[PDB]
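Written out below as C-alpha coordinates is the structure these notes cover.
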Amino acid sequence: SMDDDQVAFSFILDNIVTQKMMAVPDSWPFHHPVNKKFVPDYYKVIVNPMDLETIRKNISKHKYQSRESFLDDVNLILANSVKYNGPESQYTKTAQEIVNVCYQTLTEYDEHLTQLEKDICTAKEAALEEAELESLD
Ligand SMILES: C[C@@H]1COCCN1c1cc(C2([S@](C)(N)O)CC2)nc(-c2ccnc3[nH]ccc23)n1
(Lines of atoms letter the chains of each structure in order from A; the text may use other names.)
(Lines give C-alpha, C1' and ligand atoms only; values in the text may rest on other atoms or scores of the structure.)
Protein backbone atom coordinates (compact mmCIF):
# COMPACT_ATOMS: atom_id res chain seq x y z
CA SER A 1 0.00 0.00 0.00
CA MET A 2 0.99 3.65 -0.35
CA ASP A 3 1.03 3.79 3.46
CA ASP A 4 3.47 0.89 3.80
CA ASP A 5 5.65 2.40 1.07
CA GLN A 6 5.68 5.86 2.63
CA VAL A 7 6.55 4.29 5.99
CA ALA A 8 9.41 2.36 4.39
CA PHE A 9 10.68 5.39 2.47
CA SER A 10 10.58 7.54 5.59
CA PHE A 11 12.26 4.93 7.78
CA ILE A 12 15.15 4.66 5.32
CA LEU A 13 15.61 8.43 5.29
CA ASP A 14 15.37 8.67 9.08
CA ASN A 15 18.00 5.95 9.48
CA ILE A 16 20.31 7.82 7.12
CA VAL A 17 19.89 10.91 9.31
CA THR A 18 20.39 9.27 12.70
CA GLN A 19 22.92 6.56 11.86
CA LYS A 20 25.10 8.39 9.33
CA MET A 21 24.56 12.16 9.17
CA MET A 22 24.18 12.72 12.92
CA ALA A 23 27.22 10.49 13.45
CA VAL A 24 29.56 12.79 11.52
CA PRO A 25 32.18 13.99 14.03
CA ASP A 26 31.56 17.43 15.49
CA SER A 27 28.21 17.72 13.71
CA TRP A 28 26.48 19.19 16.80
CA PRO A 29 25.99 22.64 15.19
CA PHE A 30 23.55 21.06 12.73
CA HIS A 31 21.63 18.69 15.00
CA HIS A 32 19.00 21.25 16.10
CA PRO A 33 17.70 24.69 15.12
CA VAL A 34 19.91 27.57 16.18
CA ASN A 35 18.65 29.15 19.41
CA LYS A 36 17.83 32.81 18.77
CA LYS A 37 18.73 33.65 22.38
CA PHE A 38 22.27 32.34 21.78
CA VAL A 39 22.79 33.63 18.22
CA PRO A 40 20.32 36.49 17.65
CA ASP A 41 22.01 37.54 14.40
CA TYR A 42 21.45 34.09 12.86
CA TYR A 43 17.84 34.67 11.83
CA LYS A 44 18.59 38.12 10.45
CA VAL A 45 20.85 36.42 7.88
CA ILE A 46 19.40 32.94 7.28
CA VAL A 47 15.96 33.16 5.68
CA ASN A 48 15.33 29.40 5.25
CA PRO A 49 16.84 27.71 8.31
CA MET A 50 17.28 23.94 8.27
CA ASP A 51 18.82 21.32 10.55
CA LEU A 52 18.79 17.58 11.14
CA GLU A 53 16.11 17.67 13.86
CA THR A 54 13.78 19.57 11.52
CA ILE A 55 14.48 17.08 8.73
CA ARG A 56 13.56 14.26 11.12
CA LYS A 57 10.33 16.02 12.04
CA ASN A 58 9.58 16.41 8.33
CA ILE A 59 10.27 12.70 7.77
CA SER A 60 7.87 11.76 10.56
CA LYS A 61 5.19 13.82 8.81
CA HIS A 62 5.97 12.11 5.47
CA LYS A 63 6.98 15.41 3.88
CA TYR A 64 9.51 13.80 1.56
CA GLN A 65 8.08 11.75 -1.29
CA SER A 66 11.29 11.83 -3.35
CA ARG A 67 15.04 11.76 -2.93
CA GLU A 68 15.12 15.19 -4.57
CA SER A 69 12.86 16.83 -1.98
CA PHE A 70 14.84 15.23 0.86
CA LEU A 71 18.12 16.49 -0.62
CA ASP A 72 16.65 19.99 -1.09
CA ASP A 73 16.54 20.32 2.71
CA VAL A 74 19.83 18.49 3.23
CA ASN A 75 21.58 20.94 0.93
CA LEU A 76 19.98 23.89 2.72
CA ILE A 77 22.05 22.96 5.78
CA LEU A 78 25.22 23.29 3.71
CA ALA A 79 24.12 26.42 1.85
CA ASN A 80 23.21 28.15 5.11
CA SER A 81 26.61 27.38 6.59
CA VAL A 82 28.31 28.79 3.50
CA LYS A 83 26.30 31.99 3.93
CA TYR A 84 26.56 32.43 7.70
CA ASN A 85 30.04 31.02 8.36
CA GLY A 86 31.80 31.26 4.99
CA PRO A 87 32.81 28.64 2.43
CA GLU A 88 36.09 27.83 4.23
CA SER A 89 34.73 27.80 7.80
CA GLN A 90 35.25 24.60 9.77
CA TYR A 91 31.48 24.67 10.27
CA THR A 92 31.05 24.43 6.50
CA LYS A 93 33.59 21.62 6.17
CA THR A 94 31.48 19.66 8.69
CA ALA A 95 28.24 20.46 6.88
CA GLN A 96 29.91 19.24 3.68
CA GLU A 97 30.75 15.91 5.31
CA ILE A 98 27.14 15.61 6.46
CA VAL A 99 25.98 16.11 2.88
CA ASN A 100 28.59 13.72 1.48
CA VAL A 101 27.71 10.87 3.83
CA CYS A 102 24.07 11.47 2.93
CA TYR A 103 24.85 11.07 -0.78
CA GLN A 104 26.99 8.01 -0.08
CA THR A 105 24.25 6.27 1.89
CA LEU A 106 21.49 7.23 -0.54
CA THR A 107 23.55 5.56 -3.26
CA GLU A 108 23.68 2.34 -1.26
CA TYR A 109 19.86 2.36 -1.08
CA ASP A 110 19.05 3.97 -4.44
CA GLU A 111 17.50 0.82 -5.93
CA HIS A 112 15.02 0.47 -3.07
CA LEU A 113 14.44 4.21 -2.69
CA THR A 114 13.86 4.64 -6.43
CA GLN A 115 11.26 1.86 -6.46
CA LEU A 116 9.49 3.26 -3.39
CA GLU A 117 9.54 6.75 -4.93
CA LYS A 118 7.98 5.49 -8.16
CA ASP A 119 5.37 3.36 -6.39
CA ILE A 120 4.40 6.19 -4.04
CA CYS A 121 4.03 8.48 -7.06
CA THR A 122 1.81 6.04 -8.97
CA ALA A 123 -0.36 5.33 -5.93
CA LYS A 124 -0.70 9.04 -5.19
CA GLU A 125 -1.79 9.76 -8.76
CA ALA A 126 -4.28 6.89 -8.56
CA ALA A 127 -5.73 8.14 -5.27
CA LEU A 128 -6.01 11.65 -6.71
CA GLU A 129 -7.82 10.34 -9.80
CA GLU A 130 -10.21 8.26 -7.70
CA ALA A 131 -10.93 11.13 -5.30
CA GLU A 132 -11.77 13.37 -8.25
CA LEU A 133 -13.99 10.75 -9.89
CA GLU A 134 -15.80 10.26 -6.58
CA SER A 135 -16.33 13.99 -6.01
CA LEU A 136 -18.03 14.22 -9.41
CA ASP A 137 -20.34 11.23 -8.78
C1 LIG B 1 25.84 29.54 14.33
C2 LIG B 1 26.71 28.25 14.37
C3 LIG B 1 27.46 28.12 13.01
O4 LIG B 1 26.58 27.74 11.95
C5 LIG B 1 25.83 26.55 12.16
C6 LIG B 1 25.20 26.45 13.58
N7 LIG B 1 25.95 27.07 14.69
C8 LIG B 1 25.46 26.88 15.99
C9 LIG B 1 24.40 26.01 16.31
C10 LIG B 1 23.98 25.91 17.66
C11 LIG B 1 22.87 25.05 18.06
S12 LIG B 1 21.88 25.78 19.43
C13 LIG B 1 22.76 25.44 21.00
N14 LIG B 1 20.49 24.92 19.50
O15 LIG B 1 21.82 27.34 19.24
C16 LIG B 1 22.09 24.20 17.04
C17 LIG B 1 23.02 23.53 18.07
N18 LIG B 1 24.61 26.62 18.59
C19 LIG B 1 25.64 27.45 18.34
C20 LIG B 1 26.20 28.20 19.39
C21 LIG B 1 25.40 28.55 20.51
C22 LIG B 1 25.92 29.34 21.57
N23 LIG B 1 27.20 29.79 21.53
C24 LIG B 1 27.97 29.48 20.46
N25 LIG B 1 29.24 29.80 20.22
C26 LIG B 1 29.61 29.29 19.02
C27 LIG B 1 28.54 28.58 18.48
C28 LIG B 1 27.49 28.71 19.39
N29 LIG B 1 26.04 27.55 17.03
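Counting begins at 1 with the first residue of the sequence. Structure method, as recorded: X-ray crystallography, 1.7 Å. Both ligands and their constituent atoms are indexed starting at 1 by order of listing. Worth knowing before you read on, the calculation uses all heavy atoms, side chains too, and leaves out hydrogens, waters and symmetry mates.
- The macromolecule with the greatest number of heavy-atom pairs within 4.5 Å of ligand 1 is, in UniProt, named Transcription initiation factor TFIID subunit 1.
- What sits at ligand 1 is the drug AZD6738.
- Short contacts between AZD6738 (ligand 1) and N85, defined as distances under 4.0 Å to a heavy atom of the residue, involve ligand atoms 3 (C), 4 (O), 5 (C).
- Assignment of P33 to the shell around AZD6738 (ligand 1) is supported, since a heavy atom sits closer than 4.0 Å.
- Atoms of AZD6738 (ligand 1) lying under 4.0 Å from any heavy atom of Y91, numbered from 1 in the order shown and given with element: 3 (C), 26 (C), 27 (C).
- Distance from atom 16 (C) of AZD6738 (ligand 1) to its nearest protein heavy atom, with residue and atom name: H32 O, 3.1 Å.
- Taking every non-hydrogen atom of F30 and a distance limit under 4.0 Å, the qualifying atoms of AZD6738 (ligand 1) come out as 5 (C).
- Heavy-atom contacts of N35 reach the following atoms of AZD6738 (ligand 1): 12 (S), 14 (N), 15 (O) (cutoff under 4.0 Å).
- When only non-hydrogen protein atoms are considered, atom 9 (C) of AZD6738 (ligand 1) lies nearest to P29 O, 3.4 Å.
- At the shortest separation from atom 23 (N) of AZD6738 (ligand 1) among protein heavy atoms lies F38 CB, 4.7 Å.
- In this structure, chain A contacts AZD6738 (ligand 1) chiefly via UniProt domain Bromo 2.
- Between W28 and AZD6738 (ligand 1), no N or O atom pair is found at a separation short of 3.5 Å.
- The set of residues with a heavy atom less than 4.0 Å from AZD6738 (ligand 1) is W28, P29, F30, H32, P33, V34, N35, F38, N85, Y91.
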Would you mind listing each N/O atom of AZD6738 (ligand 1) next to any protein N/O under 3.5 Å, plus the distance?
from	atom 1	to	atom 2	distance (Å)
AZD6738 (ligand 1)	4 (O)	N85	ND2	2.8
AZD6738 (ligand 1)	14 (N)	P33	O	2.9
AZD6738 (ligand 1)	15 (O)	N35	N	2.8

